[PDB]
Each structure stands twice: as structure tokens, then as C-alpha cells.
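Take a look at the structure below.
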Amino acid sequence: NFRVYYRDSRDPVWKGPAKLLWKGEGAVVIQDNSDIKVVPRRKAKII
Amino acid sequence: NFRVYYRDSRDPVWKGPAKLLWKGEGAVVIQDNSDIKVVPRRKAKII
Amino acid sequence: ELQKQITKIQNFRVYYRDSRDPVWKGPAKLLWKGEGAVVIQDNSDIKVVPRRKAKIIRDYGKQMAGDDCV
Amino acid sequence: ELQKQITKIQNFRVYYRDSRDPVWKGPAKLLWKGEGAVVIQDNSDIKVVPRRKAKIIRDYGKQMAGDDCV
Amino acid sequence: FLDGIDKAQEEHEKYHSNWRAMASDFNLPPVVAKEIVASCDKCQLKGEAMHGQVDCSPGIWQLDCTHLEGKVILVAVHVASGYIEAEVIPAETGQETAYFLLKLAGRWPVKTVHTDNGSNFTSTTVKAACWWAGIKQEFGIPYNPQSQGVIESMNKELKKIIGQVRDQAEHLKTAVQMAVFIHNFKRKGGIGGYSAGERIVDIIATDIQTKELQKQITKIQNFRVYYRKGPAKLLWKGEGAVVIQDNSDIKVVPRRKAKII
Amino acid sequence: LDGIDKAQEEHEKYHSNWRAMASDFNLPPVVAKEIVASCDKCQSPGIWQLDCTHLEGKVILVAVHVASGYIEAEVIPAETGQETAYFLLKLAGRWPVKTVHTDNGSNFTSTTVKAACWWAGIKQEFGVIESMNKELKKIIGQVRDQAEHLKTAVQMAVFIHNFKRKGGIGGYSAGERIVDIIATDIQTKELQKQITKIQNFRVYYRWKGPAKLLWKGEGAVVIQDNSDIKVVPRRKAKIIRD
Amino acid sequence: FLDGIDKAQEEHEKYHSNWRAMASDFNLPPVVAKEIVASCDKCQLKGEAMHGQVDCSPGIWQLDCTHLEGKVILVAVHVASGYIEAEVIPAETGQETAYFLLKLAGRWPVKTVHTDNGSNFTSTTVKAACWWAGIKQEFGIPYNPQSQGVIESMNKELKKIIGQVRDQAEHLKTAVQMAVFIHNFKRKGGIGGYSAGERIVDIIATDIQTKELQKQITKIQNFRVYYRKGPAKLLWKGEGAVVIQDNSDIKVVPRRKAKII
Amino acid sequence: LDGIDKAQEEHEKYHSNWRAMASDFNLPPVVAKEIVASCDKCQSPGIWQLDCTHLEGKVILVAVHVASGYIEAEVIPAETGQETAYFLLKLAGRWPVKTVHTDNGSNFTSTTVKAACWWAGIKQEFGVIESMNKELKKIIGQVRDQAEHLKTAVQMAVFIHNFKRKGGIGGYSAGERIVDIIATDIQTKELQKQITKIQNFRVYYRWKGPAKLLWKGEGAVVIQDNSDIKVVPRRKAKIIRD
DNA sequence: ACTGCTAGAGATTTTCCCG
DNA sequence: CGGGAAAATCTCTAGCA
DNA sequence: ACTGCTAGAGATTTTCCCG
DNA sequence: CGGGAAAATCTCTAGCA
Ligand SMILES: C[C@@H]1CCO[C@H]2Cn3cc(C(=O)NCc4ccc(F)cc4F)c(=O)c(O)c3C(=O)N12
Ligand SMILES: C[C@@H]1CCO[C@H]2Cn3cc(C(=O)NCc4ccc(F)cc4F)c(=O)c(O)c3C(=O)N12
Ligand SMILES: [Mg+2]
Ligand SMILES: [Mg+2]
Ligand SMILES: [Mg+2]
Ligand SMILES: [Mg+2]
Ligand SMILES: [Zn+2]
Ligand SMILES: [Zn+2]
């Protein structure tokens with residue numbers, strides 16, 4: 001599996017780990033605390 | 001001679017032309033309306 | 001008949017990008033245009049570019065310059 | 001006497017930059033250190049770098065590695 | 001590499017040393033030090049250094065609002081060409097946006113519009129307008145202006161032009177229209193050395209022409225190919241290479257191991 | 001190259017336009033244009049019509065692209081020079097408007113509209129328009145029930161007319177027709193620009209007298225000499241400016 | 001090329017067409033169109049795309065204030081090494097800055113400090129402190145944070161580290177000192193793979209050692225060289241190349257056309 | 001290479017430190033360290049002393065780097081554990097403090113100072129400090145008239161002592177001496193790190209029994225076999241991990 | 001007459017290691 | 001000399017506000 | 001399941017042009 | 001084939017707020 005850490009929206013605090021549901025060209029879809037979010041890969045790190 | 005057009009300090013409006021007194025690695029010294037100013041070359045255009 | 005249409009469709013120029021490079025690749029030749037993919041020829045190289053990354057034009061200045069002629 | 005001091009001064013490593021490139025050029029050899037200029041050797045090339053663009057260190061890990069030995 | 005690992009883990013829990021420091025100070029190989037750093041949530045504070053690419057299909061427009069002299073300017077840009085439309089609107093509301101958008105859709109073939117999540121663009125009125133005009137709505141990731149990078153850039157360009165010609169008009173709306181004219185027809189460059197107006201004309205005309213030509217070719221030409229599997233459909237044969245489609249998958253193969261029926 | 005004689009014969013036997021000869025025989029457009037121009041015997045896109053109609057007590061300013069039938073209409077608060085000038089400025093910014101035809105109404109003759117035409121570089125000269133208005137009213141009546149204000153209905157009618165009404169020689173819509181016409185006009189402008197660029201030079205081949213330059217190629221140069229078009233290699237030809 | 005120029009000039013005065021548009025629409029060569037654009041003040045709205053380089057001499061420190069949780073943190077960085085010092089101060093004032101600066105000058109050889117034009121850094125008290133400690137003061141171009149890039153970057157780094165350890169301390173000052181420790185000794189990378197503390201030690205020690213060695217060499221070695229002009233002073237000879245100093249100018253010449261006396 | 005015998009002879013005739021043998025004969029420091037450690041007969045930088053002095057009814061916390069004489073002094077509002085812990089944390093952040101020696105005062109024995117030493121990884125163990133305090137008081141008195149507050153005078157005194165007072169074997173300042181000592185400590189730490197990295201591998205040369213690995217160069221390998229150091233071509237030697 | 005930089009995340013390119 | 005893993009170098013980004 | 005870009009200012013590299 | 005100017009391509013930046 002993958003651990004994703006992300007900077008959600010105007011919040012300077014990084015969050016995660018979140019599950020990686022999907023990975024695209026310039027964005028990813030993740031699930032954190034049973035909440036689906038869409039994050040630019042600029043604002044995400046996958047491990 | 002040289003004509004210099006520059007963005008001065010927090011003012012989005014470009015000014016000039018001003019005389020080019022000196023040109024450095026990353027800055028220039030110019031004279032506009034009998035006033036000497038120091039401007040980063042990023043914020044100046046010399047012609 | 002078919003050859004004329006194929007030559008016409010190959011007269012078009014394509015500017016595209018690769019998945020990781022922001023600069024636009026020069027005027028490649030158009031071979032096939034689909035719903036979501038364009039097959040182009042770029043210096044003897046046949047590439048399949050996704051539709052969302054291709055700009056297809058018939059550059060009119062070059063057309064009137066006669067560059068398409070052999 | 002003089003040769004030992006010259007070899008010691010040439011043991012030092014220099015990292016520098018050119019006037020228009022922001023990346024630091026690798027560990028060149030030190031030849032002469034002045035008030036405002038440093039003369040270095042970088043792959044059989046002798047360059048004069050202004051003092052304000054040079055970081056001069058005796059990389060201690062390399063020194064203990066014996067890399068300075070022939 | 002066990003006691004070193006334990007000491008490094010304690011040192012990291014206290015200081016969050018990076019992998020180089022731990023490798024140096026605890027005789028650890030880089031892989032294990034990096035694993036230590038990677039297993040710590042508190043040290044994941046940086047996303048991958050890259051940029052995506054926006055959609056540039058012929059039918060996509062990017063819309064955004066901008067502000068000048070206390071007035072709202074609605075701006076649309078045809079992504080493929082850089083052709084812009086703009087106008088002052090009294091209020092940054094869904095009704096004015098929907099009227100602007102219906103106007104745009106009646107003058108150019110707008111298949112999709114891409115915008116940020118400003119309230120006016122998410123209003124039900126704009127949704128109804130898009131539904132009537134057969135327009136698909138795409139919203140960028142919230143608070144990610146890069147997703148609208150084209151129109152944002154055009155916001156910078158339009159404003160610049162507006163500053164060049166602000167003294168030729170008494171009212172800001174006139175200056176906005178003057179700047180739209182200047183950008184669309186009096187600035188040349190980019191792809192084809194065109195202006196945005198000629199570029200958009202060329203792009204749309206090329207779309208129609210290539211669609212018709214490909215339709216005629218498909219109507220006339222029909223063949224099946226077997227390559228190194230099923231009966232794929234040929235698209236273009238020549239130069240020792242053949243392009244085929246098999247179950248919505250386009251593949252280019254050498255002339256060898258490819259039979260055309 | 002080696003098809004100029006065929007082009008001349010085809011022009012004599014058909015008097016086809018330069019585009020047909022350039023495409024069929026694969027010749028540079030400059031060469032074909034020179035060929036067609038030589039024969040003495042065989043010797044619009046930017047024109048718009050403006051009008052104001054009335055419906056439901058409101059003024060609708062309508063602009064028609066004559067060559068294509070493409071329509072741009074807007075409800076204006078009042079039939080004044082300022083509103084017309086703003087509408088015309090917008091139209092010019094969005095399409096290559098070269099000439100506008102009006103009906104001598106006070107708004108169109110206003111100094112504001114004159115200033116707008118001057119800045120935009122548009123020429124003003126005082127039954128397509130009336131029929132267009134008739135069809136626009138028909139569409140507005142058809143779609144009036146789906147809207148709440150007149151302006152929205154007018155925009156919906158413009159949309160339907162420009163992109164949803166197909167009919168004519170090829171069954172295209174007005175939008176496609178105007179796009180094609182403007183593309184052809186751009187082609188024509190580019191051809192004229194390159195003719196202007198090329199015609200300023202002279203060529204001496206093999207040394208014969210000065211000759212008109214037509215086309216320059218990688219290893220071939222096409223020129224004209226006394227109503228005769230010829231192909232000469234670059235090495236044997238010298239190109240100068242006078 | 002005189003008829004097109006007038007029309008292009010009028011067209012530009014109205015629209016400010018860029019040089020490509022004028023060259024296309026008036027049969028003008030690129031040079032003349034560019035001259036038209038260059039003679040217009042209203043079209044000069046962009047500076048040259050480059051960046052300078054900050055001074056990185058061994059004696060320069062960059063100082064700046066930053067804010068966190070409603071408190072002021074004064075931060076200094078040794079440019080050559082990236083070694084930082086920091087502390088919370090109750091007020092963003094000249095007195096506290098001068099106390100901080102005197103402290104720093106007594107613990108490391110501070111020859112020059114480079115700062116922005118914040119009031120605390122321009123105060124007479126800080127000037128007096130620098131005068132007493134023999135410190136030269138450099139101020140960046142106002143509202144050009146790039147001139148203090150290093151320290152600005154370090155601000156970002158410091159804050160990051162603070163966020164990593166903020167829960168290990170009750171007070172912000174303790175967290176600041178913890179972050180200073182972590183940066184100076186627990187983060188390795190950059191030049192020499194060092195930490196900032198090791199790097200600064202190496203930089204300063206190398207400065208002293210090379211100064212002494214060069215002084216001894218000059219005391220022992222003394223020669224004059226003639227190349228091509230005058231009795232220049234030799235600095236290093238060998239490898240088919242000679243380095244000389246003449247009129248405060250350093251020149252590297254091939255072994256040929258160079259005589260050493 | 002080809003200087004190990006000379007290094008051994010020099011050590012026998014002088015018993016010089018490994019640095020001298022490495023520098024004189026140009027040998028890798030690992031080889032010289034092995035040579036010097038082989039002979040049984042021939043077989044501090046991070047130590048600080050803390051104290052609190054008093055002047056003008058104010059508490060001054062003074063830290064002395066024993067090896068170098070380099071001082072860091074501050075005026076603290078109160079002789080409390082919290083102030084001492086903050087001072088120690090700062091010192092540790094600015095210099096590689098390994099151990100601190102105190103006089104058993106209440107502030108130094110406080111749980112706060114213990115926590116600070118634990119986090120910073122400092123070891124605490126309860127006539128240099130007194131002499132340094134006397135010198136600091138002398139300097140403060142000399143410069144007390146140039147300032148207005150005691151803290152400023154204390155910092156000026158620290159500056160004068162660390163960088164303006166020269167005297168000793170080479171006439172160096174305390175700042176220079178501490179920089180030199182810390183540089184030497186880094187040298188030593190790196191040497192130890194590479195010795196630790198290399199000691200985990202064994203070498204078989206020509207096939208003889210396992211031998212200790214000392215240095216792996218670009219064209220030769222320096223190893224030790226039964227208190228004998230030898231050089232081997234790379235091809236003839238195999239290095240493995242046990 | 002002065003000046004963007006830092007450190008981390010991937011990508012790609014040498015370099016070392018046993019046959 | 002041949003491949004593969006590792007080390008090194010290269011490319012690129014946010015945040016400093 | 002989505003995504004930085006635009007246009008201008010210099011720098012540098014091909015390419016064309018007469019011997 | 002040889003140089004030089006021109007044209008083209010490449011590199012890099014601010015502002016969008
Ligand atoms: C209330 C709506 C909806 C929610 O988001 C806010 C805030 N916002 C912010 C920027 C902005 O920060 N632009 C600067 C910028 C920075 C980087 C880049 F790549 C492109 C850029 F434009 C906008 O442009 C913008 O339109 C909005 C906006 O509309 N809204
Ligand atoms: C009142 C003082 C004196 C006058 O100037 C102001 C405003 N200012 C602004 C920034 C700032 O905008 N930083 C962002 C940033 C942007 C680009 C870059 F390259 C580096 C950067 F740090 C500062 O950091 C800063 O210290 C100040 C400051 O102190 N002052
Ligand atoms: Mg917006
Ligand atoms: Mg915006
Ligand atoms: Mg500041
Ligand atoms: Mg700052
Ligand atoms: Zn951590
Ligand atoms: Zn202008």
C-alpha cells in the first residue's frame with residue numbers, strides 16, 4: 001500500500017498518512033479519516 | 001547613452017526613462033528626476 | 001481520392017507536450033486524429049499524444065509559403 | 001619548506017559559482033587566496049573567482065579518507 | 001546494524017535528524033537511515049517537485065473573475081488559442097456569470113468551461129446555463145490557482161494592456177474592450193506566429209476540417225490487422241510502421257509481425 | 001516544379017481559380033497566383049450590417065456578418081450612441097470587423113460611434129438585415145418560454161441561430177461558415193503579404209535581364225520573364241534588391 | 001521601408017502592437033518593428049529575466065526578524081556555512097537587536113551583517129553596536145527580500161523545525177533554541193556533507209590556516225614576472241600556466257611569453 | 001604507498017603522533033593510526049565548566065570551554081534552574097557541548113537543568129573557572145564606562161576576551177583556539193567513523209588467511225596481517241564481509 | 001554604488017562490483 | 001568488458017510573507 | 001477521479017548568404 | 001567550405017493575489 005501526506009487547502013499544516021485511492025498526472029485522490037480528498041501532487045508525498 | 005525603465009518599491013507602476021549611472025551583477029544605479037535610485041536588474045530594463 | 005485526403009490530413013501541423021516537460025514540442029506532422037488520441041510523426045518517430053496535449057493547426061503563413069510542396 | 005606549504009594550500013577544496021549560473025561548481029583545487037580573488041584549478045583549468053563567490057573548506061571526511069594521497 | 005538503528009531512532013525522535021546526519025553519526029547505510037526518516041510522520045513536510053499540465057482541448061475555456069478600480073471583470077480564455085473575452089459586470093454573482101457564459105456559448109463552440117470555486121461559478125444559475133448550452137463544467141482543486149493557470153496568466157495580461165490604454169477611455173468597460181481587441185488581434189507570437197484571433201480561427205477550422213477528412217477516410221478505408229493478437233483496426237500504414245487500435249488501445253508496431261487483411 | 005505548363009493548360013481549358021491549380025498540381029500559391037493573374041481575360045469577409053429592432057418594449061441591437069449569416073445580438077438599455085459604440089467595440093474586439101453598414105439612425109450617426117469606428121479602424125457606409133431580424137424574432141418567440149428576461153432569450157436565440165440551425169449548400173451552421181470565411185481571408189492576407197515581400201526583389205538567371213521573382217526554394221527558384229514562368233537552379237540565379 | 005513605418009507607428013500609438021504584429025501587418029523587418037516598440041515608454045513593463053548572487057564571504061551574516069505565535073524571533077545566518085543563531089525578543093526594537101548583535105559578535109568573527117531595512121536594523125543603537133564591534137552594515141535594496149534570500153530561506157527552515165519540536169517544549173523560546181540546535185548539528189548535507197556547525201568550523205579554520213600559509217609563502221617567495229608589460233608579481237607557476245598580479249589585476253597567461261626573474 | 005617501512009622506523013626512533021607520520025610521509029590517516037596503535041609501548045574538546053558570579057547585585061552565568069579558554073557569559077534575572085536550562089540549551093545549540101562541570105549549586109542540580117542536559121545529550125559531573133571569572137570581572141570593570149547596562153558590558157567583555165586578548169604559545173585568541181580544537185575533534189571523529197566502517201571487512205590476498213582491512217585505494221589495498229602492514233594489488237585481493 | 005536561497009523529492013547518470 | 005545496485009549528480013518546488 | 005501559464009528580455013545556436 | 005548578420009530556438013522571470 002501507500003502512505004500519503006498532504007497539505008489540504010490554505011492550511012500550512014501537513015496531514016496524513018492517507019490511503020492513495022488514485023494517482024494522476026498532476027493530482028492524487030486520497031482517503032483520510034473516511035474523507036475523500038483531491039490534492040495536487042505538488043502538495044502531496046507518496047511513500 | 002541608456003534609457004532605463006524600472007519598478008521602484010512596492011509600486012506596481014513602471015517608471016522611467018532614467019539615466020544609467022552604474023550597472024552591477026544583479027542591480028543598477030539610475031537617476032530619475034534628479035533622484036538617484038538603486039534597482040535590482042530583475043526590476044529594470046536597459047535600452 | 002483516398003490519397004488526396006490522406007495528403008491533406010498530413011498537411012496539418014501538431015504542437016504537443018510530453019507528460020513531464022512543460023515546453024511545447026515543435027510542429028510535428030499529423031497522421032491520425034481520434035476522439036482522445038492523435039498519432040503524429042515527429043522526425044521519423046511515430047508518437048501517440050493524448051488529445052488534451054495537442055494543438056492542431058494548418059499554419060496559413062507556411063501554407064502560403066509553399067513549404068508543403070516537395 | 002616552501003613545497004610543503006604549497007602542497008598544504010593546494011589540499012584545500014573550493015566551491016564556487018559563475019556570474020550567471022546559480023548552481024555551485026564542484027570541489028576545485030585551491031592555488032592562491034587573495035583579499036578579493038581566489039585562483040583555483042578546476043580540471044586542468046585555472047580560474048580566478050571573486051572572493052564573494054567562493055567557499056573554501058578542508059573537507060575533513062575526505063582528508064581522513066586519504067583521497068589527498070597519491 | 002541494530003544498535004546503531006536503535007540509537008538513531010532515539011536521536012531522531014528527539015531531534016528529527018535527516019538521513020544524512022543519521023548515516024554519518026551511527027555508521028548506517030543510506031537506505032536504513034532513509035527508512036527511519038520515512039517512517040516518521042513529523043518529517044513528511046514537502047510534496048514532489050513537479051507541475052501538472054492543464055487540458056488544452058479545442059473546446060475548453062478557462063473562466064475567472066478579476067478586480068480593477070473597485071469593479072469586477074469577468075474573463076474567459078480559449079485555452080488552445082489564448083483567445084480572450086472579457087467584460088465588466090456590476091456584481092460578482094451567478095446571474096451575470098450565466099449571462100456572460102450564454103453569450104460566449106452562442107458565439108463560439110464552448111464544450112467545456114474550467115473555473116475555480118468562486119461562488120459565482122458554483123451557483124445553480126450558471127449550472128442551468130451550462131446545462132442549456134450543453135456545456136460541461138470542470139472545477140479546479142480548491143485553492144489551487146495553478147489549475148486555472150492559463151486564465152490567471154491572462155488576468156495578468158489583460159490588466160497590463162488595460163494599463164497601456166487606460167487614458168484613451170473615460171470608462172473602465174471601454175478600456176476592457178479595447179484591451180480585449182488589442183490582445184486578440186494586435187499581439188502576435190506563440191504557436192504559428194499568429195494573433196489569438198487568427199489562432200482560434202485556425203484551431204476551430206482545423207478541428208472541423210480534420211474531422212470531416214477522417215470521417216471520409218474511415219468511410220472509404222476499412223481493413224483489419226493481426227499483429228504480434230485480435231483483429232485490430234488499422235489507422236495509418238507506411239514508413240515500415242503500422243498504427244492499430246484494439247479495444248480502445250492505440251499501438252504502433254513495426255512492419256514485421258503485422259499482417260493487413 | 002515541372003508542372004507549370006500543366007497548370008497553364010488547365011487554366012486555359014477550365015479558367016479555374018488559383019486554389020484549384022495550386023492544390024491539384026501541387027504548386028506554391030505564389031506561382032499559381034501569378035499564373036492566373038497573367039491572363040487578362042480570366043481576370044466581403046469583414047463586412048457587417050448593424051440594425052436596431054424592438055420587442056416587448058426593448059431595443060435589440062443586431063449585427064449580421066453578411067458573407068456568413070453569423071449573428072451577434074444584444075438587448076441595450078437605450079438606443080443611444082454610447083450603447084452602440086460599446087457594442088461595436090466589443091464586436092471588433094471579438095471578430096475582424098472591417099466595414100459596418102447601417103441605416104442612418106441617429107445612434108449610428110452619433111460622434112460616439114464615429115470615434116469607436118476610428119479607434120477600431122472600421123469603415124462606416126450608410127434585405128439580409130430585415131430577414132435576419134425576422135428569423136431572430138421567430139427564434140426568440142420559440143424560446144421565450146424557457147427564459148425569464150428578454151436578454152437571456154435573445155442570447156439563446158443567437159446561440160440557436162449560429163450553431164443549431166443548419167442549411168444551405170453543405171448543411172453547415174453560420175458559425176462554421178464564418179470560421180471558414182475568416183480562415184480563407186487569413187489565407188488570402190498571408191498570400192498577399194508574401195507577394196509583397198517577394199515582389200521587391202529581382203533575379204538575373206544564366207546574364208539575362210532583370211526578371212520578376214516568384215518563389216525561392218531549397219534548390220530551385222521559380223521566376224517570371226515576359227509573361228513566361230521558368231524554373232532555374234539557385235547556383236545559376238542571382239537575387240538582388242532594387 | 002518608410003511607408004509601412006508611419007502606419008505602424010500610428011497603429012502602435014493606438015493599440016501598442018508588439019513587434020511581431022507590426023512586422024506581419026506592415027511588411028516591416030524585425031529590427032524596425034522592435035525599434036518602434038522600444039521607442040514607446042508605455043511598452044516597457046518587464047525587467048530582464050535573471051537573478052543576482054548574494055555575497056558569501058566568510059565574514060558576512062544575514063539577519064532578519066520573523067514572527068511566530070505573536071512573538072518576534074531574531075535570526076542570523078552565517079552565509080558561507082548556513083549556521084544559524086536565533087532568539088525570541090520581547091520587542092522588535094533596535095535595543096534588543098543591538099544586544100543580540102553584540103552577543104553574536106563576541107562568539108564568532110562577524111565582519112559584516114546584511115539585513116533588510118526594518119526599523120530595528122536601521123536604528124542608531126544597532127549602528128553604535130556595529131561601530132563598537134567593528135562590524136560593517138549592509139542593507140539590501142528596499143522591498144527586495146531576494147537580497148536577504150539566505151536568511152529568508154533560513155526563516156522558513158527554522159519555522160519548519162520549530163513545528164517539528166513545538167510539542168517537546170512549553171515555551172516558544174525553548175522550541176527556538178531546540179530548532180537552532182537541530183539545524184546546526186542534527187541536519188547534514190550541502191557542501192562537504194557537513195552539518196552547519198561542522199561547516200562553519202571548517203570555513204573559519206580554513207580561513208585562518210590559508211591566511212597563515214599564504215603569508216608564510218609570501219614571506220619566503222618573492223619574484224617578478226614580465227609577460228607580453230611590467231614587473232608583475234607572481235602568485236603560482238606550473239602546469240604550463242603562470243598567474244600574475246599587475247596594477248591590482250590578476251591575469252592567467254600561458255608559459256610562453258612569460259619570463260620569471 | 002611504499003612508505004610504511006619509513007613510517008614504522010620514524011615511529012620507533014621518535015614515537016611521533018599519527019598525524020606527524022601521515023603528513024611527513026604522505027600516508028592515509030587510517031594506515032598511520034594502525035601503525036601507531038600496533039606498538040603497545042607507544043599506546044576534552046567538548047568539556048565546559050559552568051558557574052554563577054555576582055556583580056552589582058546581578059547574577060552572571062559564565063561557561064568556559066576548558067581546552068580553549070573560550071567564554072560565553074550572560075546576565076540572568078535570577079539564579080534559577082529555568083534560566084540555567086535555557087542558557088545551557090543555547091550553548092549546546094551553538095557549540096558541540098558534550099559535558100558540563102558545575103559546583104553543585106541548587107540551580108545546576110535542578111530537574112530543569114537535568115532535562116535540558118538529557119535532551120541535548122549532555123553529561124553532567126559535579127582553578128580555571130575562578131581565574132576566568134576574575135579576568136571577566138577585570139574586563140567588565142575596564143569597559144563598564146562604555147555601556148549603560150550591566151548585560152551590555154558583560155557581552156563587551158566576552159567579545160574582548162574571546163577575540164581581542166591574544167597570548168600563549170602562538171599568540172592566538174580564544175576564539176581561534178576553540179575553532180582549531182573543534183576542527184581537530186571533527187577530524188578525529190571522521191577518522192574514527194571510517195575506521196569503524198572499514199573494520200567490518202576482511203581481505204584475502206594472493207590464498208592466505210583472513211587479514212584486517214586498513215585502506216582500499218584506486219589501484220592498491222593496504223592491509224594488516226599479524227602485526228605486519230602490506231600493500232596488495234587489487235586483482236590479487238578479495239574483500240568480503242563477516 | 002548590488003545581487004535569491006535552502007533542503008528535500010524524485011530522475012537520471014556514473015561508478016563500483018564480481019563473473 | 002557485461003549487467004545491476006548504489007552513489008552521485010541533476011532537476012525542480014515551496015516558503016521565506 | 002487532475003494537472004501552471006504567458007509573453008517578453010536576453011543568450012546562444014543554427015541557417016542563409018556571397019566569396 | 002569561411003565568417004557575419006539574421007533568424008530561430010533556448011533560458012528564465014513576474015504576476016495572476
Ligand atoms: C474566492 C475565490 C475562490 C477560492 O479561491 C479564492 C482565492 N483566489 C486566489 C487567487 C490567487 O491567489 N491567484 C494568484 C495565483 C498564484 C499562483 C498561480 F499559479 C496563479 C495565481 F493566479 C486567484 O487568482 C483567485 O481567482 C482566487 C479566487 O477567485 N478565489
Ligand atoms: C518592515 C520590513 C522592512 C521592509 O520590508 C518589509 C516587508 N518584508 C517582506 C518580506 C517578504 O515579503 N518575504 C517573502 C519573500 C519573498 C521573496 C523572497 F525572495 C524572499 C522572501 F522572504 C520579508 O521577508 C520581510 O522580512 C519583510 C520585512 O521585514 N519588512
Ligand atoms: Mg477566481
Ligand atoms: Mg484568479
Ligand atoms: Mg525582515
Ligand atoms: Mg523576512
Ligand atoms: Zn522525524
Ligand atoms: Zn507602446
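Proteins get letters first, then strands, A, B, ... in listed order; numbering begins at 1 in each. First listed ligand is number 1; within each ligand, the first listed atom is number 1. Just the heavy atoms: all of them, side chains too, but no hydrogens, waters or symmetry mates, feed the values below.
At ligand 2, the PDB records name the drug as dolutegravir. Structurally, the greatest contact with dolutegravir (ligand 2) is made by what the PDB entry calls Integrase. Every other chain with a heavy atom under 4.0 Å from dolutegravir (ligand 2) is named here: G, I, J. In summary, the atoms of dolutegravir (ligand 2) found under 4.0 Å from a heavy atom of G:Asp64, numbered by their order in the structure, are 26 (O).
At the top of the distance list for atom 20 (C) of dolutegravir (ligand 2), counting protein heavy atoms only, stands G:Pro145 CB, 3.5 Å.
The source species given by the entry for chain G is Human immunodeficiency virus 1. For atom 17 (C) of dolutegravir (ligand 2), the nearest non-hydrogen atom from the set G:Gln146, G:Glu152, G:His51 comes from G:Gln146.
In this structure, G:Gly149 falls outside the shell of residues with a heavy atom less than 4.0 angstrom from dolutegravir (ligand 2). When only interatomic distances are considered, the shortest N/O to N/O separation between G:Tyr143 and dolutegravir (ligand 2) does not fall below 3.5 Å. Formally, the PDB entry designates DNA chain J as vDNA. Less than 4.0 angstrom separates atom 7 (C) of dolutegravir (ligand 2) from none of the non-hydrogen atoms of the protein.
Most of the residues of chain G within contact distance of dolutegravir (ligand 2) belong to the UniProt domain Integrase catalytic. For atom 3 (C) of dolutegravir (ligand 2), the closest non-hydrogen atom of the protein is G:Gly118 N, 3.5 Å.
The protein reaches atom 28 (C) of dolutegravir (ligand 2) closely, with a heavy atom under 4.0 angstrom from it. Taking the UniProt Zn(2+)-binding residues of chain G and keeping those with a non-hydrogen atom under 4.0 Å from dolutegravir (ligand 2) leaves nothing. By number and name, the other ligands or ions lying nearer than 4.0 Å to dolutegravir (ligand 2) are ligand 5 (magnesium ion), ligand 6 (magnesium ion). Atom 30 (N) of dolutegravir (ligand 2) has its closest protein heavy atom at G:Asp116 OD2, 4.5 Å. Within 4.0 Å of dolutegravir (ligand 2) on heavy-atom distance sit the residues G:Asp64, G:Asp116, G:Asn117, G:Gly118, G:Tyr143, G:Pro145, G:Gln146, G:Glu152, I:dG4, J:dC16, J:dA17.
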